[PDB]
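What follows is a model of protein (glycogen phosphorylase) carrying bound caffeine.
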Protein chains: 2
Amino acid sequence: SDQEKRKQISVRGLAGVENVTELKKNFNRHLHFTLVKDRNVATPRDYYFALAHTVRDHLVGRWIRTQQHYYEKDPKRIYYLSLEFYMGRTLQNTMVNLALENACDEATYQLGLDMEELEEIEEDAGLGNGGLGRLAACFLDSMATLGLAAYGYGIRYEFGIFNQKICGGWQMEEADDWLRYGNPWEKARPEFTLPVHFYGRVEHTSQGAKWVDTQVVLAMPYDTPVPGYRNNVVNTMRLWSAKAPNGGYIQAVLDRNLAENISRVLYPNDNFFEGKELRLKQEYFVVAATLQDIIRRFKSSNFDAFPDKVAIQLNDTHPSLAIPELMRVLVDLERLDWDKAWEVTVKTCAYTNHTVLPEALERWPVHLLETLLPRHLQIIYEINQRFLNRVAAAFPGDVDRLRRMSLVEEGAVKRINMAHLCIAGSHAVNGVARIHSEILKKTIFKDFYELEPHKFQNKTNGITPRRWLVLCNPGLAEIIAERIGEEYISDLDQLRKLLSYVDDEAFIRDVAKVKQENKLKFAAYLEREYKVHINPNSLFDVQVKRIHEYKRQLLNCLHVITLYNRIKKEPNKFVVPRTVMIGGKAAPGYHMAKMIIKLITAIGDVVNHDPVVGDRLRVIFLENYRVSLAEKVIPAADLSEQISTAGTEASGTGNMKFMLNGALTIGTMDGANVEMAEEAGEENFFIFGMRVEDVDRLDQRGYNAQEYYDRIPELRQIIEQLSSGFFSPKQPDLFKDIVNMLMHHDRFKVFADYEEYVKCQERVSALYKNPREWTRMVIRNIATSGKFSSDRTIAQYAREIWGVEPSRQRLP
Amino acid sequence: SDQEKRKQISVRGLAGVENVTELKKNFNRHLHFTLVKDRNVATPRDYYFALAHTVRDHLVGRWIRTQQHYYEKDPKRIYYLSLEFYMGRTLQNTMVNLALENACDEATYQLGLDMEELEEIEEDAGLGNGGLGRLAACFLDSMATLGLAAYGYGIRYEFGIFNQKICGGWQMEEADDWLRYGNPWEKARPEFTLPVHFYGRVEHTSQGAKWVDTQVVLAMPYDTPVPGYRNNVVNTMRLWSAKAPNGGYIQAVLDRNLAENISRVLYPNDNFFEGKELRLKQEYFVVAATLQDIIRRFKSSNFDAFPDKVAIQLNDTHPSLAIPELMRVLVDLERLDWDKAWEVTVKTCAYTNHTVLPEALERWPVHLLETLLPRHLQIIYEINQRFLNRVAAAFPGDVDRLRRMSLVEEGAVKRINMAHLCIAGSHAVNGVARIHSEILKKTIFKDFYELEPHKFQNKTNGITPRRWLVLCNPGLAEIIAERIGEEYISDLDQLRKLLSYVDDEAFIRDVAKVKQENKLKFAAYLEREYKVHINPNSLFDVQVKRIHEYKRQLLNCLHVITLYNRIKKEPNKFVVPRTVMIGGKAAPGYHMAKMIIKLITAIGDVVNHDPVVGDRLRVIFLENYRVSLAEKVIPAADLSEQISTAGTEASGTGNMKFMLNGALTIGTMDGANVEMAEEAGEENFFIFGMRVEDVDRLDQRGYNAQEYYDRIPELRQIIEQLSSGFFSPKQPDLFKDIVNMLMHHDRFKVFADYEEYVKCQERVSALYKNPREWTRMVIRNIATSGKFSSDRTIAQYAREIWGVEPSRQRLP
Ligand SMILES: CC[n+]1c(C)c(C(=O)OC(C)C)c(-c2ccccc2Cl)c(C(=O)O)c1C(=O)O
Ligand SMILES: CC[n+]1c(C)c(C(=O)OC(C)C)c(-c2ccccc2Cl)c(C(=O)O)c1C(=O)O
Ligand SMILES: *Cc1c(COP(=O)(O)O)cnc(C)c1O
Ligand SMILES: *Cc1c(COP(=O)(O)O)cnc(C)c1O
Ligand SMILES: Cn1c(=O)c2c(ncn2C)n(C)c1=O
Ligand SMILES: Cn1c(=O)c2c(ncn2C)n(C)c1=O
């Protein structure tokens, strides 16, 4: 009796067995009881919510069963700490991974509703800036699919990356109020709310050190379920929210907003460091809370065993404070000896580097750290002293090496090099692509690689074949399925078997049919939502990614102006029709990126209205590029632009998405482009321009953009057009800053790759003129994209870093 | 087909038929699917939520059916506009009104859970300061129970009235974060979000006037269901939330908090005007949005008929801007002629006055109104000019009357008298108790009553017998039920039949048993939650209400010190044991009220620890008095303190709650005390002190507190104790401000009612010495409390103001 009567309370029976009858029944239940509405007044969004709740209900039993499982079994747990999780929409992905997509589709049909229309109501969970944030998301999905006891820990931003609008040809930012109508996926967990301390001071009592007189901010966790692919595994992504603890009474209540501002907005900086204190607060916030929850879970089924049960993976140096924080807790609170604590920390943490550009790396002024986190700065200084002590003993007399490896950067404003802190405190540091990992060992991390070679590894990036194929390209996924089955969805290497169809007329006809369907659908979407008309019988040339100087959208601009100038030159000469699409957001305070977006639209203003050009060349800027737009435009792309200056793009992932969806790649030998060309065969790729050693040689003697301007008539014509106001009649000097940078301050040598790029583009159109051959080369790409599935990347992290074994064994 | 297939989507079948089996089934469903939890990790609060969701599900079918009904039938709609709705908890009230209390109680029993424990997890929706806010709440409940198409419109405050804590004997305020774990009762309605304009300017174009260049703030409505008593009627309370519309990008996103601050906190001022701009914003916010929604509903099944379909009731002058706003919309937007629009407005609005104290009435400086609401000030000036024109024609030559009746108050700071605006723009102005309504006609509103006598009415306040008897006092409700049935719950006048039992030994034994049970329960609650020990065999003397000078808690203080001094004087003389309880909150910036709370605890510090006093007299301050605490302490009260200075308390409602729950009243002839004494018979009451005419006479010759001090030795002793530091040893002069006020600046003549009060208290204890006679007099009170049920008050408002007929006919 009594406590035995609570056995009734169980997950035992849910909404049935996963079919149409019960699904409709539950959709109805949610529409009336959850939305307190009826068919007469239900709005489309209401219907979207009804469906989402019905679908989420299917997650619960598995969600609870999975966490119970990890508790029972107690496997080593993997913690992915990141300040970004670019998740995009969840509805379709959840249905796909639970195998409910067809049933929901039928159920909503019989209820007279259109599921596709409803799925469009859901807005992106854009809690990320780009690559790094999307990778976290692909990683969550792969770890679930691989049966890993993995937890994604981040910040629940009230406002994700701003929604971009184009006004007058310029980018205008708008707050991304994504939680306005609520979030059907998350589940708050008040009982797990934790305190995070700021400021205060440090007093050294008999015992040890004490952090006193601090300002407290509470961290409330919100759980979102992450389902593996049909294995009945549902993992958790825990995002922390800032809550105030509990000039007059009124103002004091209004001021609660100050402490809760911590989790308000995602800093919109992609590959750029801004040392704003609010950002440092967000970083410590997610770290402190996350570590408390990790230790709690560790204590609930001494610290010697911590590394055997815990793996903390740092996505960049953003959550690097986890290293000194873990030490603070172990030494200050758990009273462990410094060295034993240090051993534990290094064995627990592993750091992932995502770039090599100096401006993108974190260097926090010490004054900011001493006022905001006094004891962390003290611990960092002690970590430094003991680390430098080791290099001094390993390289006696090498004082300059000491200076270069120090965690502290002397100068006008003393700063703390976060990347150095991570290497000292992690047992593994990794690059995200073979070429990037190698550059790390030879350049920026060279000193460290010499002191501890074992520490450095490579983990080439990936994307999940679920969201990035099955989800976004059902057509491609089905034709691939009719030939080789469905086992590829969680074994992408099987795509290899498609090579056997390179000469199959049916498959060749199918691949091209699917691509043109997607191109048709995307064109319909653009005209409906933006009243933008694009020629579906043109070659879709697409470059989507954040606007950057290093990504060289500018190089792409030079090419489209060349295409236009050549046409005007020889109007009656035939050219492969092209629809050049460029999309991506610019960080708010990044002037040049904002100038580039304006140049793109400026070019379009001329090109798209020239009667002699007509249907032959259209240049359009895809507004507000985000995960959901990527799922639409990438499957409709013919040519994938991946033209970053060699050695600047650590890896790239969009490149992989394009390859997996039937697009041929034109790019440099940079990041993962190198490994993609190796997998398909360079004969099936469109590699061009300088190689890393080539830019290095150019650097040694000096890059003089004037030389290329003096030597290339076609290039001179374009710059003259830009300078003279040909693309800005009403404001002639509008692009002077772009021209000036190109001519005298181009760190990315655009002019130096112009000629080879244009010629390589000629060969792309030459191949496009032959559909059959274009299609056959596409096949050889898709068939070799298998190594770029995040399941492979994750399996390597697991076995080579975390020390855990992946598994595709389903749960009941 | 197609649209005929959507007929399936219906409320048709819910969680069954309202019994234990299905209830458990649904509680379980909610615990797993709604809370994403299971029995192993479910927290008590989780269980509280599970139950609340299960119960709320029972509301939906009725909720939808009721609104559908009003749409179909299209009755005249009643809109209750108020800046406060003191709703307290909803769980029990919902169960009670739906007749699910027993089933839920059994269902939770079989699931091994304790419903009472779970109900305590829910916190108060304290969106009110006191009487005025509670009245709105009682009114919502009565209008539902009476089958009226009524809508409560207010502001969804993120923070209700602060939670009061006592530290060092003083009140400390804490933000009331009532939405922390969510609100299971409300349902947001994004699709009904509306824009509210501020600042800007007015330009007069050909057509008319235009309000341009304004700052916009969005108003998102949240619906809470309000169930009638077992009639299947569920009405709506719509509360608006502030949302920003859509120094750098980051700061701009953080600054969204400024516009959303509008609905952040409830101003904690009870009976006091503070002209803060943020308050004016809240007032316009609720008015603008509410009126847009009202006109929408009016247009969706010309304006001549507006008054026949709409009734806007102003709870005080807080939402008075509704008058100029309705004119603005009708003239500016709907282009109606001024006079036709004015006719419409007056016929639509009716104003309710709640006080007579000058400091509690609204007078907004014109400079504040011209910058924040330029066109409203213009419309107010035009309303004034035309109103003054009428009085001038009705009283030719009376220029001073013009000056006194003007909506504009000249002087250093020109201001707008809101009360005057309401009288000019309402077809009915009403007081809240017979004596109050009469004072209005003779004093403050005299000029207006002379110009338009038809306009002035009285509507004596009430409380709902559901929350205030059935809910809070099940014991009393049951014994009353076993004698006369249950029809009284919605026909309180039936309580009259209890007079027939005044000499029934069974009933007399029962009434006293129920009261002692409640006294026992309350004592248990106080010791458990506050480790406060109270003698259950003492007479519970209780004064709970907001701390005020006019409510005279100070007079009560003088009495308890007298009780203590008399005991010390004659230690071995027998005295009726008393537990004097005083509770209530002080507005943050109200010094004297804060000094009073400190004096109360100070007195307790001496009294409660004097060994010679022992169990004979205990003085305790009930911390954080709110609706839920009222439901606990009032049913356990023996003596109800209602001692405001005659003519200051417009009506009071707590007085009614005490009478309905078996407590005898000691009070002045003020507010509704007068009508309560009339109903029970003054022989069954404990009326004392000056009458209105007595304070007026004292005012004419001047109030000299020194006279009473010179003439009353016992009074002199107390003041000497206060001044000398007897109740504040460590800080001798701690209460000098209280003494000084009493001696020379007492607007409420405490000293003048001291003697009669003490003597009247003697007669209370004389009666308490005779349980049988005390109980019989209690019976005669409860049996005559029937006129004070809000159902009666509401029925009068309906028939005499709104022009609609109440009804107890159930819906299917
Ligand atoms: C006690 C062991 N855990 C387990 C079996 C969980 C569970 O049943 O979760 C289901 C409701 C999704 C889960 C958990 C525990 C308590 C409150 C809320 C959650 Cl969510 C966690 C966690 O940290 O999240 C566990 C852990 O490990 O400490
Ligand atoms: C179209 C007529 N109304 C009606 C039958 C309602 C209803 O079915 O409500 C149920 C979901 C609780 C209700 C309504 C209408 C549209 C969206 C949300 C609500 Cl809530 C209202 C309202 O203003 O609240 C109605 C009104 O009158 O305009
Ligand atoms: C994949 C992805 C990225 C990263 O793209 P790269 O071209 O590798 O820089 C950025 N944004 C979105 C929305 C993505 O889906
Ligand atoms: C009824 C009520 C009031 C009003 O009480 P009065 O004594 O009439 O001033 C104030 N506060 C609460 C919590 C109430 O329930
Ligand atoms: C110079 N600069 C910036 O100023 C910048 C930026 N991203 C954001 N900002 C503000 N990037 C990438 C950049 O190179
Ligand atoms: C003088 N005074 C105040 O100063 C006050 C108040 N309520 C709030 N405040 C700030 N009351 C009722 C009051 O009489």
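First the proteins, then the strands, lettered A, B, ... as listed; each starts at 1. Values below: every heavy atom of this structure, side chains too, minus hydrogens, waters and symmetry copies. Order of listing sets the numbers, starting from 1, for every ligand and every atom in it.
Within this structure, caffeine can be identified as ligands 5 and 6. Lab note: other chains with heavy atoms under 4.0 Å from caffeine (ligand 5) -> A. At the shortest separation from atom 6 (C) of caffeine (ligand 5) among protein heavy atoms lies A:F272 CG, 3.3 Å. For caffeine (ligand 5), the atoms closer than 4.0 angstrom to any heavy atom of A:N271 are 12 (C). Counting atoms of caffeine (ligand 5) from 1 in the listed order, those under 4.0 Å from a heavy atom of A:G589 are 4 (O), 10 (C). Contacts of A:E274 with caffeine (ligand 5), taken as heavy-atom pairs under 4.0 Å, are absent altogether. The option from B:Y249, A:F273, A:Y590, A:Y267 that lies nearest to atom 13 (C) of caffeine (ligand 5), judged by heavy atoms, is A:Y590.
Shortest contact from atom 12 (C) of caffeine (ligand 5) to any protein heavy atom: A:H548 CE1, 3.0 Å. Listed by number with element, the atoms of caffeine (ligand 5) under 4.0 angstrom from any heavy atom of A:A587 are 7 (N), 8 (C). Interface of A:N269 with caffeine (ligand 5), defined as ligand atoms under 4.0 Å from a residue heavy atom, comprises 8 (C). Defined by non-hydrogen atoms within 4.0 Å, the binding site of caffeine (ligand 5) is A:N269, A:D270, A:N271, A:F272, A:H548, A:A587, A:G589, A:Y590.
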Nitrogen or oxygen contacts under 3.5 Å, caffeine (ligand 5) side and protein side:
{"unit_1": "caffeine (ligand 5)", "atom_1": "14 (O)", "unit_2": "A:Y590", "atom_2": "OH", "d": "3.4"}

